[PDB]
Chemist: 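The following entry includes dihydrotestosterone; I'd like to go through it with you.
FYI, the numbering just counts along the sequence from 1. Hydrogens, waters and symmetry mates are skipped; everything else that's a heavy atom, side chains included, is used. Ligands are counted one by one from 1 in listed order, and the atoms in each one are counted from 1 as well.
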Amino acid sequence: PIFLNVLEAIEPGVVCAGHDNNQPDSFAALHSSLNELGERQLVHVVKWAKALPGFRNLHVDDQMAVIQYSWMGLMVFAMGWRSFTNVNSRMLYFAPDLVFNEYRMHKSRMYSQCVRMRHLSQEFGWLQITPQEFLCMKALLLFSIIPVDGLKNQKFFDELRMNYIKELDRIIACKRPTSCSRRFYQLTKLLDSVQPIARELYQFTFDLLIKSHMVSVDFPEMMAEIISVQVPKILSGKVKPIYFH
Ligand SMILES: C[C@]12CCC(=O)C[C@@H]1CC[C@@H]1[C@@H]2CC[C@]2(C)[C@@H](O)CC[C@@H]12
């Protein structure tokens with residue numbers, strides 16, 4: 001099972017946010033820690049992506065592009081899995097030192113987005129997603145958002161994305177024909193549901209970056225760069241998700 005061997009081998013370990021839990025749960029402290037966690041997780045997402053089967057087949061400029069458009073969906077999907085496995089999904093397990101309860105959901109002023117993230121987390125339980133399904137679904141999320149004008153070499157991207165869809169298909173077929181088809185429908189519907197959630201968070205973090213000097217929220221360098229250079233291409237419609245349905 002070469003493909004799943006690789007996905008297990010490269011899956012990132014635990015990342016802490018560095019949050020001071022003795023602080024009061026203020027809007028500023030909570031988002032400053034979420035932003036630091038994003039910066040820390042971005043390092044791991046880059047190293048993970050570059051180690052995926054076939055990823056180096058992409059043009060080098062397309063490699064950075066797909067990471068810089070897919071990161072929010074990748075990290076929210078992984079956080080949903082962490083939450084499902086660690087607290088059976090009624091708190092958001094952003095990190096071992098940054099677990100959101102309903103109070104922090106409210107204080108962060110992103111309660112409705114947290115509710116949608118919690119619903120995504122719960123789907124791992126409702127659908128009884130296996131670790132292998134999770135790993136292959138998360139890899140596919142890296143290949144699920146691109147510029148409407150295409151990448152520098154779109155042909156190799158389309159081929160790579162095709163191959164990851166095939167791997168998802170194999171994972172479903174190894175498990176068990178009408179059940180295979182039902183499962184693939186369920187998993188592709190689940191994958192589609194990540195992008196609307198990521199879009200809402202992209203809108204929220206963009207607005208927060210613009211007003212960050214007035215609400216006392218710190219943005220690390222890579223986050224500030226990606227959210228001002230790449231995220232607005234998503235929000236203005238220059239970069240769009242690839243949906244199954
Ligand atoms: C990706 C992160 C951080 C990593 C994670 O586990 C998911 C979580 C989802 C919300 C993001 C957060 C990074 C910082 C953001 C973008 C804040 O600015 C607003 C929403 C936060």
Chemist: Any idea which macromolecule dihydrotestosterone (ligand 1) contacts most in this entry, and what the PDB entry calls it?
Modeler: Androgen receptor
Chemist: Okay, heavy atoms under 4.0 Å: who's in the binding site of dihydrotestosterone (ligand 1)?
Modeler: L34, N35, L37, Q41, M72, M75, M79, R82, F94, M110, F204, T205, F219, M223
Chemist: In chain A, which UniProt domain contains the majority of residues contacting dihydrotestosterone (ligand 1)?
Modeler: NR LBD
Chemist: For atom 14 (C) of dihydrotestosterone (ligand 1), what is the nearest protein heavy atom, given as residue, atom name and distance?
Modeler: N35 OD1, 3.3 Å
Chemist: Can a protein heavy atom be found under 4.0 Å away from atom 2 (C) of dihydrotestosterone (ligand 1)?
Modeler: no
Chemist: Which residue and non-hydrogen atom of the protein lie closest to atom 13 (C) of dihydrotestosterone (ligand 1), and at what distance in Å?
Modeler: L34 O, 3.4 Å
Chemist: Identify the closest protein heavy atom to atom 20 (C) of dihydrotestosterone (ligand 1): which residue and atom is it, and at what distance?
Modeler: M110 SD, 4.0 Å
Chemist: Among protein heavy atoms, which lies nearest atom 4 (C) of dihydrotestosterone (ligand 1), and at what distance?
Modeler: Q41 OE1, 3.3 Å
Chemist: Among protein heavy atoms, which sits nearest to atom 7 (C) of dihydrotestosterone (ligand 1), and what does the distance come to when rounded to 0.1 Å?
Modeler: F94 CD2, 3.8 Å
Chemist: With heavy-atom distances below 4.0 Å as the criterion, list the atoms of dihydrotestosterone (ligand 1) near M79.
Modeler: 6 (O)
Chemist: Find all atoms of dihydrotestosterone (ligand 1) within a distance of less than 4.0 Å from any non-hydrogen atom belonging to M72, and give their numbers and elements.
Modeler: 16 (C)
Chemist: Measured between heavy atoms, which UniProt-annotated 17beta-hydroxy-5alpha-androstan-3-one-binding residues of chain A are under 4.0 Å from dihydrotestosterone (ligand 1)?
Modeler: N35, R82, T205
Chemist: Got the closest protein heavy atom to atom 16 (C) of dihydrotestosterone (ligand 1), with its distance?
Modeler: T205 OG1, 3.2 Å
Chemist: Polar-atom distance check: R82 versus dihydrotestosterone (ligand 1), any N or O pair below 3.5 Å?
Modeler: yes
Chemist: Do any N/O atoms on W71 end up under 3.5 angstrom from N/O atoms on dihydrotestosterone (ligand 1)?
Modeler: no
Chemist: Just list the N/O pairs, dihydrotestosterone (ligand 1) to protein, that are under 3.5 Å apart, with the distance for each.
Modeler:
| unit_1 | atom_1 | unit_2 | atom_2 | d |
| --- | --- | --- | --- | --- |
| dihydrotestosterone (ligand 1) | 6 (O) | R82 | NH2 | 2.9 |
| dihydrotestosterone (ligand 1) | 18 (O) | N35 | OD1 | 2.8 |
| dihydrotestosterone (ligand 1) | 18 (O) | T205 | OG1 | 2.7 |

